[PDB]
> 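Structure of ampicillin (open form) bound to Penicillin-binding protein 4 - open in front of me now.
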Protein chains: 2
Amino acid sequence: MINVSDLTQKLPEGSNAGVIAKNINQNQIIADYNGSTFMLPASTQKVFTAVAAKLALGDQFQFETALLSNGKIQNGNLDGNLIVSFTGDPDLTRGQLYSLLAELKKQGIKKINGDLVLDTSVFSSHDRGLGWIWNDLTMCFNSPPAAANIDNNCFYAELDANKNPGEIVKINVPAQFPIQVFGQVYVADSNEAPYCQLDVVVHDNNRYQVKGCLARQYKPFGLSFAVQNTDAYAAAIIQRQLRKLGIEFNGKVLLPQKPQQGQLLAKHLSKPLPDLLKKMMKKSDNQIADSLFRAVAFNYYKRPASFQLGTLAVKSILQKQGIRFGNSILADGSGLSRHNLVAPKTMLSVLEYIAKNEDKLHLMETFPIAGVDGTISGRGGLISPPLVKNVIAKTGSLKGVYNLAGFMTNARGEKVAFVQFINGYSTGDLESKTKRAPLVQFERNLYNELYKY
Amino acid sequence: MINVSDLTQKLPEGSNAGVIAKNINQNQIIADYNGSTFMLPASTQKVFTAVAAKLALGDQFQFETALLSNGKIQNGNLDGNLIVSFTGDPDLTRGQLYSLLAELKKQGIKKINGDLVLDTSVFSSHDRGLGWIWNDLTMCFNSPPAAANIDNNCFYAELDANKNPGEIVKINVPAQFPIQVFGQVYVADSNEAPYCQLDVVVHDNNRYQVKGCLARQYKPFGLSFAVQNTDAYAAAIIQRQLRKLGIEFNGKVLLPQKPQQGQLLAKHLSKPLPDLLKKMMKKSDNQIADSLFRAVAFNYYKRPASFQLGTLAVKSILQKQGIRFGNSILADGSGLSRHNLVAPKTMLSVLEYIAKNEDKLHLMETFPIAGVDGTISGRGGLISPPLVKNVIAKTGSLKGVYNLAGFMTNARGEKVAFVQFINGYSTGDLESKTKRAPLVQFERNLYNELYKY
Ligand SMILES: *C(=O)[C@@H](NC(=O)[C@H](N)c1ccccc1)[C@@H]1N[C@@H](C(=O)O)C(C)(C)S1
Ligand SMILES: *C(=O)[C@@H](NC(=O)[C@H](N)c1ccccc1)[C@@H]1N[C@@H](C(=O)O)C(C)(C)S1
C-alpha cells in the first residue's frame with residue numbers, strides 16, 4: 001500500500017489523518033491509514049444524504065410551497081384563512097413566493113377576510129442539528145434549514161466603517177429585510193485592531209445585537225447574517241407582498257403545529273431532485289443537505305421530521321442497500337455537527353456503492369472536478385496534471401478539518417475511490433486564517449501516489 | 001514502553017486514544033501513544049486554569065460582590081442609586097445576596113430614592129466560550145459563567161407528565177425563581193412516544209418554552225435549566241429581596257455596561273481560591289473554571305476580560321513557567337468548547353510542573369482520589385487494588401470523550417504522572433445511555449500496566 005504515514009509528515013504537528021483508498025477495478029485497498037477511526041467528516045457527510053435522497057425521494061421529487069384555504073371566494077373576497085404551506089424548499093426566492101401569492105390576484109381575490117396561517121408541520125422539533133456550535137448560528141453558511149426558507153434565510157446589513165478610532169460604525173439594514181440590528185460597533189486603531197471581535201447576540205423576532213469593534217475600512221461593505229426566526233420572517237415578508245399585490249389583509253399570523261386541512265389554491269414547485277443534489281454537491285450547500293435530510297425522513301416515515309428522524313431514515317435506507325454504520329454518529333445531513341463521527345472506510349463503502357450503481361443513480365456528475373468546477377475548481381494540491389480534470393471530490397471544511405471524498409483515474413485508466421479526513425489541523429489559534437501550504441503539499445503528494453500506484 | 005495500542009483493542013471500535021505517562025523519579029517516559037496528537041481535553045483543561053489561578057490570583061484571592069452608592073443616607077433614605085457590583089462569583093447564593101442587601105437596613109436605609117444600577121464591567125463580550133454546543137446551553141451544567149451568578153445560574157422546574165396520552169403536561173416552577181416556563185407538552189401513547197422530542201426554546205428575559213411530547217411518566221420529571229439573561233435575573237432577585245427586607249424602591253433597573261463609581265457600602269467575599277480550586281477540581285465545576293479563567297485575565301491585564309483575553313492570559317502565565325503550547329487551542333478554562341485542541345504531552349508537562357512545585361502550589365490535594373472522593377470515587381476502572389486510594393486524577397467527559405489526567409504511585413513507590421485522552425467513543429446512537437464496560441476494562445488495564453512497569 002501507499003505509505004500514508006510518510007505523507008502525513010508534511011501535515012502540521014498535532015493533526016490527525018484518516019485515509020483509505022480502493023482500486024475498484026482490481027477490488028483492492030491501496031491505502032489504509034486510521035481507516036477505521038471515527039472522525040469529523042464535515043461536508044463530505046452530504047454524500048450519504050445524496051444517496052438516501054436518490055433512493056427515497058427519486059428524481060421526480062420536488063419541494064412544494066402551497067396556498068390553501070378552507071373558505072369560499074366571492075366578490076373578490078377569500079372568506080376565511082389564507083394557509084401558506086412551506087415544506088423546506090431550500091431554493092425558494094422572494095421573487096418566487098411573490099409570483100405564488102400573485103396567483104391569488106389572478107383568481108380575483110381582492111381581499112382576504114381571515115387570518116394568515118403558516119403550515120410548517122412537515123418538519124418537527126428544532127431546525128438546528130444537535131452538536132452545532134452556538135456562535136456560528138448567526139453566519140449565513142449556517143442559516144436554518146427550516147420549513148420556511150426564503151432567499152437562503154440570509155440577509156445583509158450595510159456597514160460604513162470609514163472613521164477614526166473611537167467613532168461608531170454606521171450599520172443600516174436595507175429596506176427589504178424585516179430585521180433589526182441594534183447596539184454599537186466602534187472603529188479600533190491598528191494597535192487594538194488585530195484583537196477585534198464583532199459580537200452578535202440574537203434576541204427574539206430577528207433582532208440582532210452587535211457589540212465590539214472593527215479595523216477602519218475606507219469603503220462601505222455588507223455583512224451577511226442568518227435569519228433566526230424563520231416563521232416570523234416568512235410571515236412579515238408575505239404581509240408586505242400582499243400589500244404590494246394590493247390584496248387586502250388585516251388578520252393575525254398563526255403558527256399551528258399540525259398540518260392544515262384545505263382547498264388548494266396554488267402551488268409552486270422547486271427544481272427537482274437532480275438539480276438540487278447537483279448544487280448541493282458542487283457548491284456544498286448546507287441548507288439543501290439538511291432540508292433533503294429531513295424531507296427524506298418525512299416521506300420515508302410519513303410523519304413530521306426532526307433531525308433525529310432524519311438520522312434514523314438515512315441509516316435505515318442505506319442499510320437496506322448493504323451499507324453498515326456500526327456506532328457512527330450522523331447527527332445531520334450537512335456535516336456541520338461537532339458530534340458527527342464517521343470512519344473513512346464507511347464513507348468509502350458509500351462511494352463504492354455510488355460507482356457501482358452509477359447507471360441508476362447518476363451521482364458521479366454531481367462531484368466537483370479538480371481545476372474545473374465546484375469547490376475544487378482551484379484547490380491547490382489538485383491543480384496540475386495528472387490530477388487536474390481527473391480528480392473528482394466532495395470537500396468538507398470546518399475549523400481544524402480538511403477533507404476530500406471522491407474518485408479519480410489512475411495511470412492505468414482504472415477507477416480509484418478514496419476518502420481523506422484530516423482533523424486537528426491547527427497552525428495559529430482561534431481567529432487566525434489557516435496556513436494551507438502543508439495541506440496543498442500533502443494532497444498533491446497523496447493523489448500523485450494514488451495516481452502511480 | 002507500554003503497548004498502549006494493544007490495550008486500546010478493548011475500547012469501542014472507532015475511538016482514538018492519546019496516552020502519555022512519565023516516571024517522575026526516573027524522568028522516563030513509559031507510555032507514549034498519540035502523545036503529540038491534538039485532542040479534546042474536556043474538563044482536564046481545568047488543570048491549566050488551576051495553575052494560572054494560583055500564580056496570578058494567589059491563595060488570598062476572593063470574588064467580591066458589592067453595594068455602592070453616590071447619594072448620602074438621610075432620614076432613612078438612600079438619596080441616589082443603589083449600585084450592585086458583580087464580579088463573577090461562581091458560588092454566590094441567593095441567601096448570601098439577601099444577607100448582603102440586609103446590611104443596607106442595618107445602616108438605617110429604608111427607602112432607596114433612585115435607580116438600581118448593576119455593574120458587571122469586569123467581564124466583557126459573551127459569557128459563553130466559542131465552540132460551545134448550542135443545544136446544551138439551557139442545561140444547568142452549561143450555566144453561563146457571567147459576572148452575575150446567583151445559585152449557579154441554574155433553577156429547577158417540574159413537569160407532571162403522570163397523566164393519559166393526549167393530556168397536557170403540567171409545569172410547576174417554584175415561586176422563588178423570577179423566570180417563566182410555558183408551553184403545551186403532551187403525553188404521547190406507547191406507539192408515538194419513541195418518536196417524541198421534549199424541546200425547550202429560549203425567549204427574551206428568561207422565558208422558556210417547552211414543546212414536544214414524552215411518554216407517560218411514573219414519577220415527577222425534573223427539569224434543571226440554565227438562566228439565560230443573568231443580569232435581568234439578578235436585578236429581579238434584588239428587587240424581590242429589597243421588598244422582603246422592607247426597603248422601598250420604585251426606580252428603574254439600569255445596565256450601563258461600564259464601571260460604576262460610588263462610596264462602598266458593604267462587600268460580600270467568596271471563599272478564597274484554595275476552596276474554590278478544591279471544589280472545581282474534586283467536583284469538576286464548569287462555572288468556577290470559566291469564572292477563574294476570566295478573573296485571571298481581568299487581574300493580569302487590568303481590563304474587562306473576555307474569553308479571548310482568558311486564553312491569552314493563561315498561555316502567557318504558563319509560558320513564563322516554561323510550558324509550551326505550540327498551536328494548541330484553549331478557548332475556555334473549563335474545556336467545554338469543541339474547538340479546544342491539546343496534545344497529551346502538553347497536559348503532561350503541566351502535571352509535572354504541578355508535582356515539581358507542590359511545596360508552593362499545594363494543588364496535589366485538589367485532585368479526586370480513586371475510590372475515595374470527587375468524580376472518581378466510584379470510577380469502575382480504578383476501584384480495586386492496587387489502584388484504589390492510589391490513583392488521583394482530574395476527569396474530563398463529554399459526549400464521545402473520556403479523559404483522566406493525574407498521578408499515581410507505582411509498585412516501586414515512584415510517582416508516575418499520566419494523561420489519558422479518549423475521543424470518538426461511541427457504543428450506540430446520540431441520545432443513548434453510553435456503555436462504560438469497555439472504558440472500565442481499558443482503564444483497569446492501562447493503570448495496572450503503569451503500576452507494574
Ligand atoms: C462542509 O464542510 C461545509 N462547511 C462549513 O459550513 C464550515 N462551517 C465553513 C468552513 C469555512 C467557511 C465557511 C463555512 C461547507 N463545505 C465547505 C467545503 O466544501 O470545503 C465550504 C467551506 C465550501 S462550506
Ligand atoms: C468537563 O469535562 C465537564 N463536562 C461536561 O460538562 C459535559 N458537558 C458533561 C458530560 C456528561 C454529563 C454532564 C455534562 C464536567 N466534568 C465531567 C467529568 O469530570 O467527567 C462531569 C460529567 C462531572 S461535568
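To find a chain, count down the sequence lines: A is the first, B the second, and so on, and within it residues start at 1. One-based numbering, in listed order, for ligands and for the atoms of each. This deposition comes from X-ray crystallography, 2.0 Å.
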> I'm mapping contacts for ampicillin (open form, ligand 2). Which other chains have a heavy atom under 4.0 Å?
B
> Does B/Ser397, backbone or side chain, put an N or O under 3.5 Å from an N or O of ampicillin (open form, ligand 2)?
yes
> Output yes when a protein non-hydrogen atom is found under 4.0 Å of atom 11 (C) of ampicillin (open form, ligand 2), and no otherwise.
no
> What residue and atom does the deposited model show forming a covalent bond with ampicillin (open form, ligand 2)?
B/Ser43 OG
> Tell me: protein heavy atom nearest atom 19 (O) of ampicillin (open form, ligand 2), and distance?
B/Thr395 OG1, 2.4 Å
> Is atom 1 (C) of ampicillin (open form, ligand 2) close to the protein, meaning a heavy atom under 4.0 Å from it?
yes
> B/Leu336 heavy atoms, cut-off 4.0 Å: which ampicillin (open form, ligand 2) atoms fall inside?
5 (C), 6 (O), 8 (N)
> Is at least one protein non-hydrogen atom found at under 4.0 angstrom from atom 21 (C) of ampicillin (open form, ligand 2)?
no
> What makes up the binding site of ampicillin (open form, ligand 2) if contacts are defined by heavy atoms under 4.0 Å?
B/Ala42, B/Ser43, B/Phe141, B/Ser284, B/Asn286, B/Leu336, B/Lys394, B/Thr395, B/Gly396, B/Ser397, B/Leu398
